[PDB]
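Caption: PDB structure containing risedronate.
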Amino acid sequence: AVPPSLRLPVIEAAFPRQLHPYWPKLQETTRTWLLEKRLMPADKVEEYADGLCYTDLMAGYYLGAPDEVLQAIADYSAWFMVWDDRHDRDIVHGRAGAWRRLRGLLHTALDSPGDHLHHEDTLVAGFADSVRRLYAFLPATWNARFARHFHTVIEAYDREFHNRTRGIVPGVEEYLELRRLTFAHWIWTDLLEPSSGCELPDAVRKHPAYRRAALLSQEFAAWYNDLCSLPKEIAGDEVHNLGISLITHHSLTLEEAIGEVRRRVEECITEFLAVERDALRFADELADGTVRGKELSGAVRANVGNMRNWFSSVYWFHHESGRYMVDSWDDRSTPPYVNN
Ligand SMILES: O=P(O)(O)C(O)(Cc1cccnc1)P(=O)(O)O
Ligand SMILES: [Mg+2]
Ligand SMILES: [Mg+2]
Ligand SMILES: [Mg+2]
């Protein structure tokens with residue numbers, strides 16, 4: 001039962017959930033990784049990790065991925081959530097120096113992860129392990145694209161740090177541009193490719209239908225997170241949220257901003273259904289009769305299939321995950337799973 005303010009009947013009726021068969025092993029293996037990389041305290045791992053549903057989120061998204069690819073993605077995605085938590089905590093505690101140093105180390109570790117596998121900062125060491133593993137699946141040109149994209153994500157996190165320190169709420173257009181980076185749209189899009197076992201040529205992944213289907217899938221995920229994470233984020237003095245920019249710059253009430261965010265999320269779905277037809281037509285066209293063609297066709301089709309799976313995985317994740325259950329916290333400003 002999804003709250004009426006958050007319910008999307010089109011997702012429930014037309015985007016049936018999928019789950020990767022490796023998910024049972026994935027859940028425990030990522031929990032063990034969080035424990036052994038010291039990315040969460042042992043008692044917080046035991047009490048909260050499974051309930052945060054991070055592995056479920058990936059296992060409902062990258063269908064068809066090799067077990068080892070899914071494992072590295074899930075470890076990275078759990079790392080990403082812990083990094084969001086650390087970033088938030090550095091902000092709340094005014095640890096500008098610790099954040100700046102961390103920011104620099106992630107930039108460096110991103111380009112040479114193997115050199116950082118045993119760094120003193122467990123968050124940097126965890127990052128490097130997952131990234132080194134992700135760099136092992138596809139050619140160096142894919143690794144360099146992942147790094148280029150994540151360098152941009154790190155700097156968007158830095159911009160968020162400056163905004164919240166200075167109490168600046170981005171304008172709507174400014175936020176929509178920033179949100180494609182803080183949510184890491186293009187990282188999740190990159191990671192479709194090791195999941196289907198094929199680095200896509202630029203001509204293929206920059207095709208207008210592939211690009212637009214990829215964009216809309218991520219816009220939905222980020223803006224649906226905004227809709228669902230708004231209570232926790234208002235309680236935690238987070239300023240980055242489409243609803244908050246609407247209240248601040250467009251003078252909407254809370255109920256009207258929630259309504260406008262809802263409508264924008266709903267439009268993402270029906271825009272995606274239109275372009276999905278074009279992206280799958282393009283997949284069919286790539287099967288020109290040659291071996292390379294059949295391979296590229298299959299990879300594009302699998303990737304567009306997972307762009308669709310992202311809709312249902314993110315939807316149900318926000319109603320299942322303990323990450324957003326702010327009403328159950330004694331201190332609504334400090335989630336119990338964060339290192340405070
Ligand atoms: O769970 P959260 O904090 O609402 C979030 O989605 C965490 C997150 C960050 C980046 C990518 N995916 C999830 P955020 O982006 O900070 O709003
Ligand atoms: Mg956050
Ligand atoms: Mg964030
Ligand atoms: Mg959020």
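Numbering of residues begins at 1 and proceeds along the displayed sequence. Order of appearance sets the numbers: ligands from 1, and atoms from 1 within every ligand. In what follows, every heavy atom counts, from backbone to side chain, and hydrogens, waters and symmetry copies are set aside.
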Checklist entry - Counting duplicates, which ligands or chains stand for risedronate? => result ligand 1
Checklist entry - Counting heavy-atom pairs within 4.5 Å, which chain has the most contacts with risedronate (ligand 1), and what does the PDB entry call it? => result epi-isozizaene synthase
Item to check | Heavy-atom contacts of risedronate (ligand 1) within 4.0 Å | outcome: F80, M81, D84, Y157, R179, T182, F183, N225, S229, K232, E233, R323, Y324
Next on the checklist: Would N225 count as a polar contact of risedronate (ligand 1), with the cut-off being nitrogen or oxygen pairs under 3.5 Å?
Outcome noted: yes
Checklist entry - Which of the atoms of risedronate (ligand 1) are close to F80, meaning less than 4.0 Å from one of its heavy atoms? => result 10 (C)
Checklist entry - In the protein, what heavy atom is nearest to atom 8 (C) of risedronate (ligand 1), and what distance, to one decimal place, separates them? => result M81 SD, 4.3 Å
Item to check | Nearest-neighbour protein heavy atom for atom 7 (C) of risedronate (ligand 1), which is reported as residue plus atom name and distance | outcome: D84 OD2, 3.7 Å
Checklist entry - Apart from risedronate (ligand 1) itself, which ligands or ions come within less than 4.0 Å of that drug? => result ligand 2 (magnesium ion), ligand 3 (magnesium ion), ligand 4 (magnesium ion)
Next on the checklist: Out of all atoms in risedronate (ligand 1), which are within 4.0 Å of some heavy atom of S229? Include the element for each.
Outcome noted: 4 (O)
Next on the checklist: Regarding risedronate (ligand 1), does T182 bring an N or O atom to under 3.5 Å of one of the ligand's N or O atoms?
Outcome noted: no
Item to check | Nearest non-hydrogen protein atom, atom 11 (C) of risedronate (ligand 1) | outcome: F183 O, 3.3 Å
Next on the checklist: Give me the residue, atom name and distance of the protein heavy atom closest to atom 15 (O) of risedronate (ligand 1).
Outcome noted: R179 NH1, 2.7 Å
Item to check | Close N or O approach (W188, risedronate (ligand 1); < 3.5 Å) | outcome: no
Next on the checklist: Show the atoms of risedronate (ligand 1) that are less than 4.0 angstrom away from any heavy atom in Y157.
Outcome noted: 9 (C), 10 (C)
Item to check | Within-cut-off N or O pair, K232 and risedronate (ligand 1), under 3.5 Å | outcome: yes
